[PDB]
Amino acid sequence: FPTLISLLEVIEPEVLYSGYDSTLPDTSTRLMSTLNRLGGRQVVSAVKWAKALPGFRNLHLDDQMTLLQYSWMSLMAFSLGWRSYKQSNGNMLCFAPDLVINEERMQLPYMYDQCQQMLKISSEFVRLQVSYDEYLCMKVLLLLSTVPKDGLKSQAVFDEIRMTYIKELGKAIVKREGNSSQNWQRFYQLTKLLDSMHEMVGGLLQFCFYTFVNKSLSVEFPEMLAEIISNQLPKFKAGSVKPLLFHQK
Amino acid sequence: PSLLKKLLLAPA
Ligand SMILES: C[C@]12CCC(=O)C=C1CC[C@@H]1[C@@H]2[C@@H](O)C[C@@]2(C)[C@H]1CC[C@]2(O)C(=O)CO
């Protein structure tokens, strides 16, 4: 019998290369434009992943678009945290196999704070020693953790999917531990981590918003990512979006 | 006809 966790493993996309162009002025602007080009391709990969995610296609198309537009930065930063954990134990930002950034190069203008914020996400994977299956279940829950205050068009379907993957997270925890003493404690810690992602990514999103709107910074964005931000940004800045939290705020 | 909508409706 096939399991949901085994399917999450098989649909996880391969890591993308940047195609980086080390033969140029390592300016802050060019690095940010390079990262956004990689980010746009990673979002395309994440859309294809969501289409294959068991249950996601049952949502109204408009809800599928809302969830991807609202959560894309959480997905990208969480996966960056995982790669940086597995490839460098949280010491370097492992954007792609050909684009590994150590924190000396984060001294570039506008780069220090955002790199510290990305490293903090990776440091949580190190602290908790997150397993691959726990990571895969948590990543689905991030896709399902930011919603309009006024609700979704297929609310009942959404409620069912979200509860399904909360249960799957519990199953991944039970598998990680040939015993029982820590199952609830572990679920508590990982749902605390999920809740904390909203704030841990908030500064990254605000910085992205500013580089998108402030054209004099000359940061370039690829086409589909620009479309996504242009829809997400007004909703976030207007306060019309809410996080789904497991614990009292 | 946004790019995201097109991708969600596309086959692959
Ligand atoms: C998705 C992305 C690129 C691909 C990746 O492995 C992880 C991320 C998450 C952080 C993103 C990053 C880039 O897109 C550039 C971003 C948006 C950065 C947050 C702030 C940022 O540096 C900018 O706002 C530059 O304009």
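Sequence lines set the chain letters: A, B, ... in the order given, protein chains first and strands last, and positions in each chain run from 1. Reckoned from all heavy atoms, side chains included, excluding hydrogens, waters and symmetry mates. Every number for a ligand or one of its atoms is a count from 1 in the order of the listing.
Contact analysis gives the chain with most pairs under 4.5 Å to ligand 1 as the one the PDB entry calls glucocorticoid receptor.
The compound at ligand 1, a drug or drug candidate, is named hydrocortisone.
Other chains contributing a heavy atom less than 4.0 Å from an atom of hydrocortisone: A.
Put simply, atom 23 (C) of hydrocortisone has protein non-hydrogen atoms near it, under 4.0 Å away.
Every atom of hydrocortisone with a heavy atom of A:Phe95 under 4.0 Å away is listed here by number and element: 5 (C), 6 (O). Protein non-hydrogen atoms do reach within 4.0 Å of atom 13 (C) of hydrocortisone.
Residue A:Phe221 has at least one heavy-atom neighbour below 4.0 Å for each of these atoms of hydrocortisone: 26 (O).
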